[PDB]
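This file shows Ancestral Glucocorticoid Receptor2 complexed with triamcinolone acetonide.
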Amino acid sequence: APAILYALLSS
Amino acid sequence: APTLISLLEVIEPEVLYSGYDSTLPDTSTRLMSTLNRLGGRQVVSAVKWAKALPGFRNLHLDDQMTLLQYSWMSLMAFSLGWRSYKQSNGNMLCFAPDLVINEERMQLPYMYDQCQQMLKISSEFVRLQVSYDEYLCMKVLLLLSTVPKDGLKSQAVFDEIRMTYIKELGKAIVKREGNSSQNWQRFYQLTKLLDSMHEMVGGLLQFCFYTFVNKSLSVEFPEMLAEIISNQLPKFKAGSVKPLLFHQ
Ligand SMILES: CC1(C)O[C@@H]2C[C@H]3[C@@H]4CCC5=CC(=O)C=C[C@]5(C)[C@@]4(F)[C@@H](O)C[C@]3(C)[C@]2(C(=O)CO)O1
């Protein structure tokens, strides 16, 4: 999974 | 109180600047690299925007990531089309206030074909005289227009949120003070524009992948886009991405 995108969505 | 449309207006991302240095002549490499950096920042803002959409965070996290991952190019190109429609009536591509691409600057390697495809998006706003509220509703539907062939983890939630914003687009149409027959034809024309985005965005994505895989072109990508592109790439060539069409 794209880390930056996931970090944004899970705060 | 508040109306859904009023909420979409206040969460719309502010336009970002490119910082492009036009002191010296343009090059296809420097221009594409600057646009990708700008694009990565706009996608971050798009994630912030999507998280504030009513209903979106009711989806499974994996579904939130899939939708944004499958539709980021269509969101960016649709917003570019809108900015170009309001700034130059579709005559120039307004990537950013400090980076406007007129018909001359498009005459660069790798630039012309893709920029003509994006002008065609802006010209559709012109032909149809799209309103801001119509545009905001259509842009949410783009986020909800590309899904995996095997479906989402929370399909029930997804189906209902998509209908919520289909109805909201209708409300935006009714605001134009038309009768029933006119509002249905208007809805038909706008859902046709949404369907056409899949093909017009296809060529933009195919070319984005091309510049990303062939490192010889020296095109720079931000980490945000690099991660998304590389994870998105094997899914397309495998044929597991299905668009959602209003008309077959
Ligand atoms: C050759 C050209 C013009 O077409 C391709 C599609 C372009 C995108 C179209 C939509 C958009 C709207 C903007 O406001 C800012 C950035 C982008 C995302 C974008 F511009 C840049 O992200 C650069 C892209 C990939 C692209 C590349 O593939 C470069 O690698 O450049």
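Labels below follow one simple rule: chain letters A, B, ... track the order of the sequence lines, proteins then strands, and each chain is numbered from 1. Every number for a ligand or one of its atoms is a count from 1 in the order of the listing. Atoms considered below: every heavy atom in the structure, side chains included; atoms not considered: hydrogens, waters and symmetry mates.
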query: What ligand numbers or chain letters correspond to triamcinolone acetonide?
result: ligand 1
- request: State which other chains have a heavy atom under 4.0 Å from an atom of triamcinolone acetonide.
  value: B
message: Below 3.5 Å, N or O to N or O, backbone or side chain included: is there any such pair between B:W72 and triamcinolone acetonide?
response: no
Shortest protein heavy-atom distance from atom 2 (C) of triamcinolone acetonide, along with the residue and atom involved: B:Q114 CB, 4.1 Å
query: How far is atom 31 (O) of triamcinolone acetonide from its nearest protein heavy atom, and which residue and atom name does that atom have?
result: B:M32 CG, 4.1 Å
message: Please classify the B:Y210 to triamcinolone acetonide contact at 4.0 Å (heavy-atom distances, strictly less than): side chain, backbone, both or neither.
response: neither
message: Is atom 26 (C) of triamcinolone acetonide touching the protein, meaning some protein heavy atom lies under 4.0 Å away?
response: no
query: Is any heavy atom of the protein nearer than 4.0 Å to atom 18 (C) of triamcinolone acetonide?
result: yes
Contact check: B:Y110 vs triamcinolone acetonide, nitrogen or oxygen atoms, below 3.5 angstrom: no
task: With heavy atoms of B:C208 as the reference, note each atom of triamcinolone acetonide found under 4.0 Å away.
output: 28 (O)
field: Nearest candidate to atom 8 (C) of triamcinolone acetonide, where distance is taken over non-hydrogen atoms, out of B:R37, B:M73, B:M76, B:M111
entry: B:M73
- request: For B:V219, counting its heavy atoms only, list the atoms of triamcinolone acetonide lying under 4.0 Å from any of them.
  value: 30 (O)
message: Under 4.0 Å from a heavy atom of B:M118: which atoms of triamcinolone acetonide are those, numbered in the order shown and with their elements?
response: 9 (C)
message: Which of the numbered atoms in triamcinolone acetonide are under 4.0 angstrom from any heavy atom belonging to B:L35?
response: 16 (C), 21 (C), 22 (O), 23 (C)
query: In terms of atom number and element, which parts of triamcinolone acetonide are under 4.0 angstrom from non-hydrogen atoms of B:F95?
result: 13 (C), 14 (O), 20 (F)
message: Quick one: what's the source organism for chain B in the PDB entry?
response: unidentified
message: Please state which option from B:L225, B:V15, B:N36 has its nearest heavy atom closest to atom 22 (O) of triamcinolone acetonide.
response: B:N36
- prompt: Under 4.0 Å, heavy atom to atom, what does triamcinolone acetonide touch in the other chains?
  reply: B:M32, B:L35, B:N36, B:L38, B:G39, B:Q42, B:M73, B:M76, B:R83, B:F95, B:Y110, B:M111, B:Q114, B:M118, B:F207, B:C208, B:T211, B:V219, B:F221
